[PDB]
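Drug bound: rifapentine. Macromolecule: DNA-directed RNA polymerase beta chain.
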Amino acid sequence: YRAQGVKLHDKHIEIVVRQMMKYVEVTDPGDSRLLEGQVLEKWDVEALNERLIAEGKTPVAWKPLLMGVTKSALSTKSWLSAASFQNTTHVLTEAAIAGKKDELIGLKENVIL
Amino acid sequence: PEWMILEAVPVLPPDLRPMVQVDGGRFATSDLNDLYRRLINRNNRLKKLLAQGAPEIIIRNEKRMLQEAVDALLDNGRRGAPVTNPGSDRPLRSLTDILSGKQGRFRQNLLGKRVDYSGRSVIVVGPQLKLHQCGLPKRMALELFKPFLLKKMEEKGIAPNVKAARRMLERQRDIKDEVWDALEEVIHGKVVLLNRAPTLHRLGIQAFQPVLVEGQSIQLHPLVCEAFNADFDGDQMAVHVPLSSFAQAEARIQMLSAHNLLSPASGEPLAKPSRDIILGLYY
Amino acid sequence: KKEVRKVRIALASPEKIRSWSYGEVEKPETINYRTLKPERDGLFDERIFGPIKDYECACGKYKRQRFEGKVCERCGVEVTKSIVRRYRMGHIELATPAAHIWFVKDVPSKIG
Amino acid sequence: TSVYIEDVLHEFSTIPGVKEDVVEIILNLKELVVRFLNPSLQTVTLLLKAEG
Amino acid sequence: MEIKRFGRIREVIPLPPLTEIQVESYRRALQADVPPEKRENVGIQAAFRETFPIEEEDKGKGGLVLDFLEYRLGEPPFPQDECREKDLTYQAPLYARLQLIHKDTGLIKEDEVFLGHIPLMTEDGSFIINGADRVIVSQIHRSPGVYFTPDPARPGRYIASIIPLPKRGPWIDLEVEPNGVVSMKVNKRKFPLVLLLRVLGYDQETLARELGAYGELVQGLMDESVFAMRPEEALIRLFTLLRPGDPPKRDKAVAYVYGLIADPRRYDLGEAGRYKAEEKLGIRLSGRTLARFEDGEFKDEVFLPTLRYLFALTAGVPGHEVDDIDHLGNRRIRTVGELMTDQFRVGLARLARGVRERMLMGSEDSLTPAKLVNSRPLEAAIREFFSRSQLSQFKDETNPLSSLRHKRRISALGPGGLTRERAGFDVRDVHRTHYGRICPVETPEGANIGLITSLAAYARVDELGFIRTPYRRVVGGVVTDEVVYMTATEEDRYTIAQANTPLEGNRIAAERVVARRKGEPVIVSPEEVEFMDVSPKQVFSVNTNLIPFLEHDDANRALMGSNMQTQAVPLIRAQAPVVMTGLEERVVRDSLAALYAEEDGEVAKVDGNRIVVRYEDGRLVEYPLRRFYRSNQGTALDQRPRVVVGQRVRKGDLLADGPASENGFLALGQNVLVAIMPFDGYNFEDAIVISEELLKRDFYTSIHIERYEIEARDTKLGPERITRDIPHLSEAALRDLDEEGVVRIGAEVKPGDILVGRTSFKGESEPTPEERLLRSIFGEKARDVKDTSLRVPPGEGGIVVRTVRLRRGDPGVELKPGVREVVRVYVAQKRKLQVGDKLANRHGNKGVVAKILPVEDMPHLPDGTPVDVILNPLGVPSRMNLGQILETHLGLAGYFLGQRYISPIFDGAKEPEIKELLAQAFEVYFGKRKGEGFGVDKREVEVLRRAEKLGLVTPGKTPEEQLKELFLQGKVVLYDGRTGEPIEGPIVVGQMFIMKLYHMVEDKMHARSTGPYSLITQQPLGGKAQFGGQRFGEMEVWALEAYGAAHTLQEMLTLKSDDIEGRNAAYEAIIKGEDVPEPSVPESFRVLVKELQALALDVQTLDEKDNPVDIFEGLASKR
Amino acid sequence: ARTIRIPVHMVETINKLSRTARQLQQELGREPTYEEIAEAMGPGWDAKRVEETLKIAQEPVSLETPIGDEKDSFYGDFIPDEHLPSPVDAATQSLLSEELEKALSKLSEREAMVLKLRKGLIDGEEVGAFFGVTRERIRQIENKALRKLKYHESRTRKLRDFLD
Amino acid sequence: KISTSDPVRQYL
Ligand SMILES: CO[C@H]1/C=C/O[C@@]2(C)Oc3c(C)c(O)c4c(O)c(c(/C=N/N5CCN(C6CCCC6)CC5)c(O)c4c3C2=O)NC(=O)/C(C)=C\C=C\[C@H](C)[C@H](O)[C@@H](C)[C@@H](O)[C@@H](C)[C@H](OC(C)=O)[C@@H]1C
Ligand SMILES: [Mg+2]
Ligand SMILES: [Mg+2]
Ligand SMILES: [Mg+2]
Ligand SMILES: [Mg+2]
Ligand SMILES: [Mg+2]
Ligand SMILES: [Mg+2]
Ligand SMILES: [Mg+2]
Ligand SMILES: [Mg+2]
Ligand SMILES: [Mg+2]
Ligand SMILES: [Mg+2]
Ligand SMILES: [Mg+2]
Ligand SMILES: [Mg+2]
Ligand SMILES: [Mg+2]
Ligand SMILES: [Mg+2]
Ligand SMILES: [Mg+2]
Ligand SMILES: [Mg+2]
Ligand SMILES: [Mg+2]
Ligand SMILES: [Mg+2]
Ligand SMILES: [Mg+2]
Ligand SMILES: [Mg+2]
Ligand SMILES: [Mg+2]
Ligand SMILES: [Mg+2]
Ligand SMILES: [Mg+2]
Ligand SMILES: [Mg+2]
Ligand SMILES: [Mg+2]
Ligand SMILES: [Mg+2]
Ligand SMILES: [Mg+2]
Ligand SMILES: [Mg+2]
Ligand SMILES: [Mg+2]
Ligand SMILES: [Mg+2]
Ligand SMILES: [Mg+2]
Ligand SMILES: [Mg+2]
Ligand SMILES: [Mg+2]
Ligand SMILES: [Mg+2]
Ligand SMILES: [Mg+2]
Ligand SMILES: [Mg+2]
Ligand SMILES: [Mg+2]
Ligand SMILES: [Mg+2]
Ligand SMILES: [Mg+2]
Ligand SMILES: [Mg+2]
Ligand SMILES: [Mg+2]
Ligand SMILES: [Mg+2]
Ligand SMILES: [Mg+2]
Ligand SMILES: [Mg+2]
Ligand SMILES: [Mg+2]
Ligand SMILES: [Mg+2]
Ligand SMILES: [Mg+2]
Ligand SMILES: [Mg+2]
Ligand SMILES: [Mg+2]
Ligand SMILES: [Mg+2]
Ligand SMILES: [Mg+2]
Ligand SMILES: [Mg+2]
Ligand SMILES: [Mg+2]
Ligand SMILES: [Mg+2]
Ligand SMILES: [Mg+2]
Ligand SMILES: [Mg+2]
Ligand SMILES: [Mg+2]
Ligand SMILES: [Mg+2]
Ligand SMILES: [Mg+2]
Ligand SMILES: [Mg+2]
Ligand SMILES: [Mg+2]
Ligand SMILES: [Mg+2]
Ligand SMILES: [Mg+2]
Ligand SMILES: [Mg+2]
Ligand SMILES: [Mg+2]
Ligand SMILES: [Mg+2]
Ligand SMILES: [Mg+2]
Ligand SMILES: [Mg+2]
Ligand SMILES: [Mg+2]
Ligand SMILES: [Mg+2]
Ligand SMILES: [Mg+2]
Ligand SMILES: [Mg+2]
Ligand SMILES: [Mg+2]
Ligand SMILES: [Mg+2]
Ligand SMILES: [Mg+2]
Ligand SMILES: [Mg+2]
Ligand SMILES: [Mg+2]
Ligand SMILES: [Mg+2]
Ligand SMILES: [Mg+2]
Ligand SMILES: [Mg+2]
Ligand SMILES: [Mg+2]
Ligand SMILES: [Mg+2]
Ligand SMILES: [Mg+2]
Ligand SMILES: [Mg+2]
Ligand SMILES: [Mg+2]
Ligand SMILES: [Mg+2]
Ligand SMILES: [Mg+2]
Ligand SMILES: [Mg+2]
Ligand SMILES: [Mg+2]
Ligand SMILES: [Mg+2]
Ligand SMILES: [Mg+2]
Ligand SMILES: [Mg+2]
Ligand SMILES: [Mg+2]
Ligand SMILES: [Mg+2]
Ligand SMILES: [Mg+2]
Ligand SMILES: [Mg+2]
Ligand SMILES: [Mg+2]
Ligand SMILES: [Mg+2]
Ligand SMILES: [Mg+2]
Ligand SMILES: [Mg+2]
Ligand SMILES: [Mg+2]
Ligand SMILES: [Mg+2]
Ligand SMILES: [Mg+2]
Ligand SMILES: [Mg+2]
Ligand SMILES: [Mg+2]
Ligand SMILES: [Mg+2]
Ligand SMILES: [Mg+2]
Ligand SMILES: [Zn+2]
């Protein structure tokens, strides 16, 4: 952009990029088996209460993962959001089998409603 | 997991799979219905085939068709594609095709819907107009704020009641110049939104106070011609109306033009003396 | 009355297939021309999916709002306009089951 | 301010034997400059009929 | 007025008959004007011969021989105008002579069978399919031949391609992948490029040595010797290679197919294919395509040359064998004739298909007429092409020019088989060869760009669709007046130069003078200049050629100017530019605007409806004049007589002017004096300020006509009567409803007045219980009918000028089923200029009127004459069309000098010549000023002061002298008008031509409060009278999302469009001055949940604590 | 075979109709006006009959069909809706019911409710309309209350502007 | 795979 005249504050790109890293990988399990890619803060949730409130330090060892903005969204918490762009068909199938409770946060999912 | 197997097929509502009268007497029905019949007939013929007596080959043969059918309504094309008889080799829209589709449900659920209190006309520069307001064709305002006007007609002598106030305006030649005075009064402090062709950023929609004006064109302020990428060679802008006292509150508080002067991209102003102003101020 | 705070997709129990349903569509009878009315029990029947007129009933024993929540003695029609006719669900009872292609042919066969 | 051709009903008509069209003529009339001498004459109707 | 034209490049040849493409194509297409004796046998006659000899021999009994004699079509069912008054498709009747043979003694000849009513062409070049005049647009694609293109992913070597169109008909490719395989593919799978040569008779030894001695690749050819040692057996072996599990024995059957008849095209034996051959590769042809069936032993003079050139292309320079696809000598243009002839033969096949079945059905010999022919196919086929072909379009008559161009457009998209939607950028770019063959400015500024474009000035489709362009010959340093229409390909073999080259006649004048070999700019010597450009005009299209100083205008905006003309609306007052290019005359003439005199004579009568002229030959003919006709796009087309009574006419002189002609010259918009400065904000980005004065004179005014229509339908509830009876409320509205039912001609109709009345029945099947009581209370006996009456749709109407009613006993008209009767209402309206309108010069400056100023205070010149329009300067630097600023300067001269000029494309006027006329104008301007009695103002001097401090005038000279300088610069002093003070600094002004653009239906500013709703989707929908809601797209959603506009978005998703129960309570609330309610659930949501439910899934909304909640208010619980 | 059921007779009927149209296409060169078809068919065949039969013969259309430039046009968005009270109507029913309800009260709850309930509550019987009191008192109060009601409503013009 | 052939084969 700079090279093209546009002057946009870094902030914005940051917000985006961050979301390309909302997920990581697993190598030392506790609740769900190792090879799984899940939301970074959602693990900071597990590790936090698993070492602080409930004892037995079962360290949840992860590995920072980088995935493309397309994929970052392609797979997320809310299936509602996922039903939209990826495979309306798969997105649901899985969300169903698992009995997914879409907590509405985020504007795309809560708009459909 | 014992539910993935199907033995009870939910059927979609009826008015959602219409049967309608057209022209001459043509009819029109949701493709879903030809698929339902498929299943029903097969399911029935199955029953009667079991009851009549049952030669294995034929029972399976049917069971097979049956299966295929159960696919059809759910999702067509995953395994072969069902067709209405010779006329259109077209995949009868499967329920699936409804949800996803080239232009399906969640999909068009986000492409758009049509607002009830909307309008659109050609735009034209409004040099005297202040950022605050915008020129809106009274003729347009009328349809737009129709109900708001109706009642206001009743609060004044112009009409006895709504239905009256309605017929009073159903024809153009019947409007007393008192009605304009009513509308101009209804619009006192209300404001509307204006949109531009590609809505690219939040300023792609801005709120202003309407100042009713003659004719067809919509008077837009020059300073905001930069937020919306609008030039005057036929660019047309839509216009919407904030109905709730809340929608209006936000609309004029945090969505009106003269309040969002600096861009979200850069702390640089977007309300800058564009072309003609500089040229003047510079010389 | 309470704000909708969470949506959830879950699998359909056959008993729930029937819980949502009304009647069983048992015949391929759309609508018969002479009277553009629903043919027999078929896809459009009024018992299965609902009445096709405002506050009024099919035959007309009860016709206004005073008794808005009751059903007709000789024929079944509880009312508020035909929207009920577009929201209601009917079901077909399959002879020998079959399975959802949505679960059998997704790349990972959820049943395989 | 106004014109009445006897057989013509709308402005977009054409009169036989008349090269010009109603609209061209009503146009030519706008070109016409008259002068009355006193207030008593607010609206004067001028008449003309010619044949062949 | 006088005319002065500046540039001198001797225009050696007149421009060709602009519609020759459309006229001649349909001429050769259908050679019907001439006996079957005449030789041109392409098209119809060709397509006929192509499928006529139907040989049906054995499966039971056969020996069928149906043979074609002569094709004859002659007496039109009805005539042109009748075809437009009545819904009719002007088509000529055709029945050719046919005679079926027999294996038993007897040949029955059933002379005629009229199958297929084929449309005819108007003398202008347009058609008349159904009510509206239509046009067949030409197309482009890979001309059927054979080329060699670089291989896909492997950088290595390139592969061969044999292109045979029709679709059915193989598509070959030759590729060598040396580890052990060669690949030749027809439908898909591969095999060795030799088993075939063996079949034909080429043996390993003779082949390898003569063809590839110079080509070591010969080794891959003699490789699998085991099979190469058995000839005719190779024929069966390849049969075997194909795959079904077929009988080894089939003597010479499949070999035939890739042999003589079908699959390889049955085009012309000598050019439609053999051209692409002898020049590109190989030499001869022994029958159209690789063909023979005489001895069972086939001959292939094509199969070996293709490989011959592959071994050649791969090994050096026999020549440089690389084919640039986009070369026009590769890309062919389909003239109308071909487009119709193809659909005509497709039908012939459909016909011939059904007839074969009837060679078996008819009992004995009397089977000639009905037993073999059924007109159902040909009709449907051809008919489908003129009415549903994505090619045959509505005529573009917003004014003659617009239509004419729409008759000479070349499009990409179409048949679906040729270039479709996918591919683009390589095609879309202006290819090198596009010179004189396609404009580089003409294509549509929009998504579909570069794929649709009209040809150039002297561009002509020769024998087969190859736009040739005229280039004159120059032998040595000598230039000729002789011209060669050269194919795209041949153009590259020569060194060609531009017309701008100083010429003394036949003598080139400068040593180092420009030329361009092959798409490359090259400074060549007078001794190398083989050929020269024919004209500057031939480089572009007609539409473009109309621009004054194209030379000084950015090609980008020049496009705008060219498409703007296409949107020119006919004003009751036409005007030719003060400065013209030179083709205005030829445009009106070649288009069919004005009516010209056939031969010399005198004029008899000059009606307003007819000019009966008397030729000196002793004859006189009456020439009707389309008084006021309805153009497809609603622009007036009237022919206004310009000749007085008893006048000796020269052959080919304008008797009457076309819709938009002043004096036999193209005229649109109207030259208006214009100042070019900024005003308040009235002209800010692209806004235009206009002087009220322009409306005082009926200057920008134009007549429109919308043809409202209503039908009396037959409902099972009772016929919809059309009667003056309008059931519920007033006679006031019935006035203009003079005739019982219809509206009276000449009546001023405003929006909401009844155009026509009609009465249908109230309910679907049953009456109304509640409406039963009301009627009874004030008047039980109440006409139980419904007002369904054609009304004036919001927007506008004028005065009714014509009406048409077709009742029960139809004359010769086509009334659709259910359709009891129809009622047309032609309305006309004067469209005087107003603020909403958009006007734009030929250069591209486009823009809208933002304010109409009182002559009182707009910019006025020293002598009291004021400016009509004030254009903003700013719109000129960014965009790059100085040509407009050049026009305004010549214009100023033409104003005072009272004269119009003609500035050719690039040869036209020059900066010094204009300064010269400006000099002459200063004397008319200021000379009279000297004599009339006065000198210079305080103001005039003041602005001079600020002007010398600027640098526009030589300090020290006298004001009189200074003003001349300043005037020669094109600008003069102007006073405000509002203040009377001057506008510090000279400002230019002058006669700029400006047109007014047609107002589309969208223009009719929509605005909808409440209205209909789709049946399945519950979102707002319009149509006839309710405007239909605007779309709230995602991009717009986000816009609000960004803002804290929560409710405002909710509303947009609920109350405004889908909340069924929402919108209703919404209105009512508003009505009762109630602060609108809080949204119920959207039907989009519910529609979803159930759609979702329709599939196994269960979607249940939940509570605070995971518990139910209810969206479907009370309708889902059971019973 | 069809969505809209058609008994065996109509079927053969349609085959006969078709077959006949075939023999008629044989020579005219004119797709038979429904005159020929009647004739050629037999005993009681007329134009109304044939236009009717071929109208039933047309199978339906896909309510969802690719329309115009089939890019993404599904036929069913263009059909309006009839039972649904477009805003205009909901407003109607409000004032109408509120004012009709105001008049119904200030009146004798006798012959007004009789005709109000007989006409606006069940089905459309002067005699069978009133309880015990015969016809004379029905017409008596019906026409005297109905007119006092209309003529005072003429004064305070509320109803005049025909809600319909 | 494709349904006709299989049954044809099936009873044939
Ligand atoms: C064969 O009939 C149809 C086939 C469709 O199928 C499909 C898939 O195949 C197509 C072709 C094979 C084409 O060759 C084609 C065009 O050549 C074309 C446009 C479209 N041009 N529009 C685009 C919108 N703008 C507008 C300006 C303000 C913004 C919006 C105006 C120009 C277009 O989409 C085309 C198209 C298709 O879509 N046009 C131009 O070249 C042009 C730049 C200007 C011409 C304007 C005339 C006014 C116009 O000709 C008019 C007389 C009608 O003829 C048409 C509308 C016609 O409709 C009927 C009915 O007859 C269709 C072409
Ligand atoms: Mg720069
Ligand atoms: Mg992170
Ligand atoms: Mg712990
Ligand atoms: Mg532990
Ligand atoms: Mg994401
Ligand atoms: Mg995913
Ligand atoms: Mg999937
Ligand atoms: Mg319809
Ligand atoms: Mg079927
Ligand atoms: Mg049994
Ligand atoms: Mg079908
Ligand atoms: Mg699909
Ligand atoms: Mg002010
Ligand atoms: Mg203003
Ligand atoms: Mg007005
Ligand atoms: Mg209105
Ligand atoms: Mg009135
Ligand atoms: Mg007044
Ligand atoms: Mg504009
Ligand atoms: Mg335009
Ligand atoms: Mg727009
Ligand atoms: Mg910022
Ligand atoms: Mg709730
Ligand atoms: Mg169960
Ligand atoms: Mg059911
Ligand atoms: Mg009972
Ligand atoms: Mg009961
Ligand atoms: Mg009973
Ligand atoms: Mg996969
Ligand atoms: Mg008279
Ligand atoms: Mg006097
Ligand atoms: Mg006097
Ligand atoms: Mg006096
Ligand atoms: Mg006075
Ligand atoms: Mg007097
Ligand atoms: Mg007088
Ligand atoms: Mg007289
Ligand atoms: Mg010439
Ligand atoms: Mg010449
Ligand atoms: Mg003859
Ligand atoms: Mg003979
Ligand atoms: Mg002619
Ligand atoms: Mg017509
Ligand atoms: Mg590849
Ligand atoms: Mg092929
Ligand atoms: Mg040799
Ligand atoms: Mg090899
Ligand atoms: Mg040669
Ligand atoms: Mg050959
Ligand atoms: Mg040979
Ligand atoms: Mg065939
Ligand atoms: Mg015979
Ligand atoms: Mg692709
Ligand atoms: Mg270009
Ligand atoms: Mg585009
Ligand atoms: Mg695109
Ligand atoms: Mg040709
Ligand atoms: Mg050249
Ligand atoms: Mg040389
Ligand atoms: Mg021009
Ligand atoms: Mg000349
Ligand atoms: Mg004569
Ligand atoms: Mg003659
Ligand atoms: Mg005439
Ligand atoms: Mg004479
Ligand atoms: Mg003369
Ligand atoms: Mg005048
Ligand atoms: Mg004029
Ligand atoms: Mg009367
Ligand atoms: Mg009604
Ligand atoms: Mg009825
Ligand atoms: Mg009905
Ligand atoms: Mg009567
Ligand atoms: Mg009415
Ligand atoms: Mg309209
Ligand atoms: Mg009018
Ligand atoms: Mg008759
Ligand atoms: Mg007819
Ligand atoms: Mg008729
Ligand atoms: Mg007409
Ligand atoms: Mg207007
Ligand atoms: Mg003058
Ligand atoms: Mg002069
Ligand atoms: Mg001079
Ligand atoms: Mg001098
Ligand atoms: Mg348009
Ligand atoms: Mg409405
Ligand atoms: Mg509307
Ligand atoms: Mg909600
Ligand atoms: Mg659930
Ligand atoms: Mg019978
Ligand atoms: Mg039959
Ligand atoms: Mg007859
Ligand atoms: Mg049938
Ligand atoms: Mg689609
Ligand atoms: Mg009372
Ligand atoms: Mg009382
Ligand atoms: Mg009482
Ligand atoms: Mg009382
Ligand atoms: Mg009662
Ligand atoms: Mg009632
Ligand atoms: Mg009763
Ligand atoms: Mg009774
Ligand atoms: Mg009784
Ligand atoms: Mg009595
Ligand atoms: Mg009152
Ligand atoms: Mg398989
Ligand atoms: Zn009932």
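Below, read A as the first sequence line, B as the second, and so on, with proteins coming before strands; counting in each chain starts at 1. Excluded from the calculations below are hydrogen atoms, water molecules and symmetry mates; all remaining heavy atoms, backbone and side chain alike, are included. Readers should note that the entry appears only in part, and the reported contacts come from within that part. Ligands are counted one by one from 1 in listed order, and the atoms in each one are counted from 1 as well.
- In this structure, the ligands or chains belonging to rifapentine are ligand 1.
- For rifapentine, the other chains with a heavy atom below 4.0 Å are labelled E, F.
- The binding site of rifapentine, defined by non-hydrogen atoms within 4.0 Å, is formed by E:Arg134, E:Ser389, E:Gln390, E:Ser392, E:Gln393, E:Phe394, E:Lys395, E:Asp396, E:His406, E:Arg409, E:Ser411, E:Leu413, E:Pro444, E:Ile452, F:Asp69.
- Taking a distance limit of 4.0 Å, we find that atom 43 (C) of rifapentine is approached by some protein heavy atom.
- Within a 4.0 Å radius of atom 20 (C) of rifapentine, the protein has no heavy atom.
- For atom 52 (C) of rifapentine, a protein heavy-atom neighbour is found at a distance under 4.0 Å.
- Closest protein heavy atom to atom 47 (C) of rifapentine: E:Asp396 OD2, 3.4 Å.
- The entry lists chain F as RNA polymerase sigma factor rpoD.
- Every atom of rifapentine is numbered from 1 in the order shown, and the set under 4.0 Å from a heavy atom of E:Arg134 is 59 (C), 61 (O).
- Distance from atom 18 (C) of rifapentine to its nearest protein heavy atom, with residue and atom name: E:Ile452 CD1, 4.4 Å.
- Heavy-atom contacts of E:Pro444 reach the following atoms of rifapentine: 43 (C) (cutoff under 4.0 Å).
- Near E:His406, meaning under 4.0 Å from one of its heavy atoms, rifapentine places the atoms 50 (O), 54 (O).
- Short contacts between rifapentine and E:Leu413, defined as distances under 4.0 Å to a heavy atom of the residue, involve ligand atoms 12 (C).
- Of the protein's non-hydrogen atoms, E:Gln393 NE2, 4.3 Å is the one closest to atom 15 (C) of rifapentine.
- The presence of a protein heavy atom under 4.0 Å from atom 13 (C) of rifapentine is confirmed.
- Atoms of rifapentine lying under 4.0 Å from any heavy atom of E:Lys395, numbered from 1 in the order shown and given with element: 52 (C).
- For rifapentine, the atoms lying closer than 4.0 Å to a non-hydrogen atom of E:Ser411 are 12 (C), 13 (C), 14 (O).
- At least one protein heavy atom sits closer than 4.0 Å to atom 40 (C) of rifapentine.
- In this structure, atom 6 (O) of rifapentine has a protein heavy-atom contact shorter than 4.0 Å.
- Distance from atom 38 (O) of rifapentine to its nearest protein heavy atom, with residue and atom name: F:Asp69 OD2, 3.3 Å.
- By the definition of a contact as any protein heavy atom under 4.0 Å away, atom 30 (C) of rifapentine is not in contact.
- Put simply, atom 34 (O) of rifapentine has no protein non-hydrogen atoms near it, under 4.0 Å away.
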